[PDB]
Trainee: 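I'd like to ask some things about the structure below.
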Amino acid sequence: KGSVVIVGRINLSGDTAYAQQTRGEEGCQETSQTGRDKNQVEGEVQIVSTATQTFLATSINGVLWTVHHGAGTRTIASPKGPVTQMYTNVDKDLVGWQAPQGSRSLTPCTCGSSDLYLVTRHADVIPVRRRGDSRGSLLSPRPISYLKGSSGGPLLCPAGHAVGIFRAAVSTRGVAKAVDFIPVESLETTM
Ligand SMILES: C=C[C@@H]1C[C@]1(NC(=O)[C@@H]1C[C@@H]2CN1C(=O)[C@H](C(C)(C)C)NC(=O)O[C@@H]1C[C@H]1CCCCCc1nc3ccc(OC)cc3nc1O2)C(=O)NS(=O)(=O)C1CC1
Ligand SMILES: [Zn+2]
């Protein structure tokens, strides 16, 4: 298997949630084999890719987190070569690396607000209501197909801080009315 490769980012930039592709497929190939990636990186939310899967990853207090069902145990390519996972937990569906060169990191949420916001791979910011340890309800139902490819992306509080990592969708006949995520407290405990 190859290294995970950053192929873009989801910009909250200044005002607009928009997606920025920074690498093509072809280049994704050679880079996964070497794990050496000089391509420029920015921001908190990365679009990450394997040979078969595209999903997201989020930097929180110096660690780049994503889902195990996306990354597995792979390294992630960097300018100084392939980066080995700092944290792994198959049961939680969680993996972490040292935040990449060029990135910014999110702050853990400390305000306890139930008003959350899920960022998707499509660069949509979707309102969510905290409804338990690892669960939050959507204000608007959406088909799964819409959310697919967004695991590893962040759930944010109204202050912009990180509340969790998107893990799975709670679906009924293919309609998602809630989301399952890894809470930051769970990250802090994994560390
Ligand atoms: C947008 C949709 C959603 C965020 C996404 N997550 C999934 O699709 C997960 C993967 C797998 C099935 N998923 C689901 O969401 C299902 C599904 C019916 C398919 C919607 N929903 C579901 O279980 O409801 C259950 C009540 C909750 C409680 C149980 C959830 C279990 C969570 C889970 N843990 C592990 C630990 C270790 C593993 O080793 C290989 C593998 C795992 N796989 C898991 O779920 C996503 O976008 N992925 S992705 O980006 O396209 C892909 C590129 C990476
Ligand atoms: Zn907060």
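In what follows, residues are counted from 1 in the order of the sequence shown. Hydrogens, waters and symmetry mates are skipped; everything else that's a heavy atom, side chains included, is used. Just follow the structure's listing: the first ligand is 1, and inside any ligand the first atom is 1.
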Trainee: State what ligand 1 is bound to in this structure, picking the chain with most contacts and naming it per the PDB entry.
Mentor: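 It sits in most contact with NS3 protease.
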Trainee: How do PDB records name the drug found at ligand 1?
Mentor: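 The name is grazoprevir.
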Trainee: What residues end up in the site of grazoprevir (ligand 1) at 4.0 Å, going by heavy-atom distances?
Mentor: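 Counting heavy atoms, it is made of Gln53, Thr54, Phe55, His68, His69, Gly70, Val90, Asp93, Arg135, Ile144, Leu147, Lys148, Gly149, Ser150, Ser151, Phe166, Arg167, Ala168, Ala169.
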Trainee: Under a 4.0 angstrom heavy-atom cut-off, which atoms of grazoprevir (ligand 1) come close to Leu147?
Mentor: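 Contacts of grazoprevir (ligand 1) toward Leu147, numbered from 1: 1 (C), 47 (O).
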Trainee: Run the numbers for me: atoms of grazoprevir (ligand 1), each under 4.0 Å from some heavy atom of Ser150, listed by number.
Mentor: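 Listed by number with element: 47 (O), 50 (O).
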Trainee: Could you tell me, atom by atom, which parts of grazoprevir (ligand 1) come under 4.0 Å of a heavy atom of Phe166?
Mentor: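 So the answer, numbered in order with elements, is 1 (C), 2 (C), 3 (C), 4 (C).
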Trainee: Heavy-atom contacts with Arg135 under 4.0 Å: which atoms of grazoprevir (ligand 1) show up? List them by number with element.
Mentor: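 Grazoprevir (ligand 1) atoms under the 4.0 Å threshold to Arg135: 26 (C), 27 (C), 28 (C).
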Trainee: Need the grazoprevir (ligand 1) atom indices (1-based, order shown) with element for anything under 4.0 Å from a heavy-atom of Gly149.
Mentor: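 Those qualifying, in numeric order: 47 (O), 49 (S), 50 (O), 51 (O).
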Trainee: Against heavy atoms of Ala168, which atoms of grazoprevir (ligand 1) measure under 4.0 Å?
Mentor: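 Atoms satisfying the 4.0 Å criterion: 3 (C), 4 (C), 6 (N), 14 (C), 15 (O), 30 (C), 32 (C).
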Trainee: Answer yes or no: does an N/O atom from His69 fall short of 3.5 Å to an N/O atom of grazoprevir (ligand 1)?
Mentor: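 N/O-N/O distance below 3.5 Å exists for this pair.
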Trainee: Under 3.5 Å, N or O to N or O, is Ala169 touching grazoprevir (ligand 1) that way?
Mentor: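 It does: an N or O of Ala169 is found under 3.5 Å from an N or O of grazoprevir (ligand 1).
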